[PDB]
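Featured here: a structure holding actinomycin D.
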Amino acid sequence: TXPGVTXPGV
DNA sequence: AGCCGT
DNA sequence: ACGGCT
Ligand SMILES: COc1cccc2c1C(=O)c1c(O)c3c(c(O)c1C2=O)C[C@@](O)(C(=O)CO)C[C@@H]3O[C@H]1C[C@H](N)[C@H](O)[C@H](C)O1
Ligand SMILES: [Cl-]
Ligand SMILES: [Mn+2]
Ligand SMILES: [Mn+2]
Ligand SMILES: [Mn+2]
């Protein structure tokens, strides 16, 4: 996720 | 640590 | 079949 906590996605 | 869609 | 950052 994020970043942080990419995306998702990307 | 933290999920999704080319 | 298989990748994206702080
Ligand atoms: C052992 O790999 C996996 C095993 C189980 C599920 C997964 C994957 C997986 O590798 C995977 C991905 O690599 C990707 C995604 C994904 O959901 C998974 C799994 O679910 C989603 C993503 O497609 C998008 O966000 C499109 O916008 C990008 C990424 O795709 C990669 C490869 C694609 N061919 C394309 O080049 C895309 C741009 O990046
Ligand atoms: Cl790439
Ligand atoms: Mn990990
Ligand atoms: Mn899927
Ligand atoms: Mn992977």
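Order of the sequence lines fixes the chain letters, A, B, ..., with proteins taken first and strands second; residue numbering starts at 1 for each chain. Non-standard residues are written in terms of their parent amino acid, or as X, and the atoms beyond the standard set are ignored for contact purposes. Just so it is clear, the values below take in all heavy atoms, side chains as well, and ignore hydrogens, waters and symmetry mates.
- In this structure, the ligands or chains belonging to actinomycin D are chain A.
- Other chains reaching under 4.5 Å from actinomycin D with at least one heavy atom: B, C.
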